[PDB]
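What follows is a model of Beta-lactamase SHV-1 carrying bound tazobactam (bound form).
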Amino acid sequence: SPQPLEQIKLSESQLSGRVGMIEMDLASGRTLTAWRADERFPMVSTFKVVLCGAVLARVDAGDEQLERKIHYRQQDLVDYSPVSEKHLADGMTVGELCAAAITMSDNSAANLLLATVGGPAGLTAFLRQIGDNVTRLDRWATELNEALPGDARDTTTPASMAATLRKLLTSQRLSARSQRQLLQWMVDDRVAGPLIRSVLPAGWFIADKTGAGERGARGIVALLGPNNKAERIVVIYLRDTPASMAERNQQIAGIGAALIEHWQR
Ligand SMILES: OC[C@H]1O[C@H](O[C@H]2[C@H](O)[C@@H](O)[C@H](OCCCCCCC3CCCCC3)O[C@@H]2CO)[C@H](O)[C@@H](O)[C@@H]1O
Ligand SMILES: *C(=O)/C=C/N[C@@H](C(=O)O)[C@](C)(Cn1ccnn1)[SH](=O)=O
């Protein structure tokens, strides 16, 4: 594989779309690679990680409990609720809802949680409170993936997202237990995690949340590193490409391969 920046360029050339990327040391925030890092990209399902960071902040403040059971109705379900559709009779705890939203990208679970933090506006205000003045959530779970060109709704930038994830995971804004919980949910991703491990060389750590939307929108926020350590945060978004999902996946994997082959920078 070529150097990371050269692979990123090749990916835009092959997809006819924009790639947004940031590679950052998780412990210190050192930015290693930055491409279109201040440009807007649809967050798609990656917003679910920030969502649960806001929920954990409420738990830390004593305004929420991960144990609290939420009972909902069938009428509350939206498109793609693999976990939540199974608990109409018994409900789900807030913690279970975050596990379902992050590890299975359960949309009804995300919407139920979103309501607890004040909706899209409430989540955006939480982002503003931790110092992210760019990322914005404007719509609910199954409408935020539209990705209209020029539409600023439901977008983030690679730099903003990376900084925000680092803040949630390591800045002590969240309690030690909450930081550990957010990390574990990402480690537990069932949608892309196992697949990524199957193609990663032995010794590489992976935790992640992926997403996809219209007009080729694709995204992944992840922790990656050799020696089984979450050494760096890597955020990659793709937008406005007519490419098949398989090729968008292949290009992202290619950027990952370039990082792996040229790690010491
Ligand atoms: O020299 C380094 C490595 O080179 C190859 O590994 C390949 C691997 O066989 C391939 O499957 C993967 O594809 C990349 C898979 C990445 C999947 C997604 C990664 C995510 C993680 C974070 C966000 C962006 C992408 O590339 C590596 C590096 O070339 C060799 O097979 C391996 O033995 C060797 O240790
Ligand atoms: C978040 O990015 C969600 C994207 N796609 C979801 C969805 O829109 O609800 C589906 C269900 C694909 N999917 C399943 C699990 N993760 N993504 S839709 O694109 O089929």
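When a residue number appears, it is its place in the shown sequence, counting from 1. For ligands, and for the atoms within them, numbers begin at 1 and follow the listed sequence. Hydrogens, waters and symmetry mates play no part in the numbers below; they use all other heavy atoms, side chains included.
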What are the identifiers of all copies of tazobactam (bound form) in this structure?
-> ligand 2
Can a protein heavy atom be found under 4.0 Å away from atom 20 (O) of tazobactam (bound form)?
-> no
Which of the atoms in tazobactam (bound form), numbered in the order shown and given with their element, are less than 4.0 Å from a heavy-atom of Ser45?
-> 1 (C), 2 (O), 3 (C), 4 (C)
Would you mind telling me if tazobactam (bound form) is within reach of the side chain of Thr142, the backbone, both or neither, using heavy atoms under 4.0 Å?
-> neither
Test item: protein heavy atom less than 4.0 Å from atom 1 (C) of tazobactam (bound form) | yes
Does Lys48 reach tazobactam (bound form) with a nitrogen or oxygen that is under 3.5 Å from one of the ligand's nitrogen or oxygen atoms?
-> no
Provide the number and element of each atom of tazobactam (bound form) under 4.0 Å from a heavy atom of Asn145.
-> 1 (C), 2 (O), 3 (C)
What is the closest UniProt-listed active-site residue in chain A relative to tazobactam (bound form), with its shortest non-hydrogen distance rounded to 1 Å?
-> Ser45, 1 Å
Atom indices of tazobactam (bound form) within 4.0 angstrom of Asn107 heavy atoms, with elements = 7 (C), 9 (O)
Provide the number and element of each atom of tazobactam (bound form) under 4.0 Å from a heavy atom of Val44.
-> 2 (O)
Does any N/O atom on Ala212 come nearer than 3.5 Å to any N/O atom on tazobactam (bound form)?
-> yes
Organism for chain A, per entry = Klebsiella pneumoniae
Within a distance of under 4.0 Å, is there any protein heavy atom near atom 4 (C) of tazobactam (bound form)?
-> yes
Tazobactam (bound form): covalent bond residue and atom = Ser45 OG
Tell me: protein heavy atom nearest atom 15 (C) of tazobactam (bound form), and distance?
-> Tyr80 CE2, 3.7 Å
Which residues in other chains are near tazobactam (bound form), meaning a non-hydrogen atom under 4.0 Å away?
-> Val44, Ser45, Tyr80, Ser105, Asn107, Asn145, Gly211, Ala212
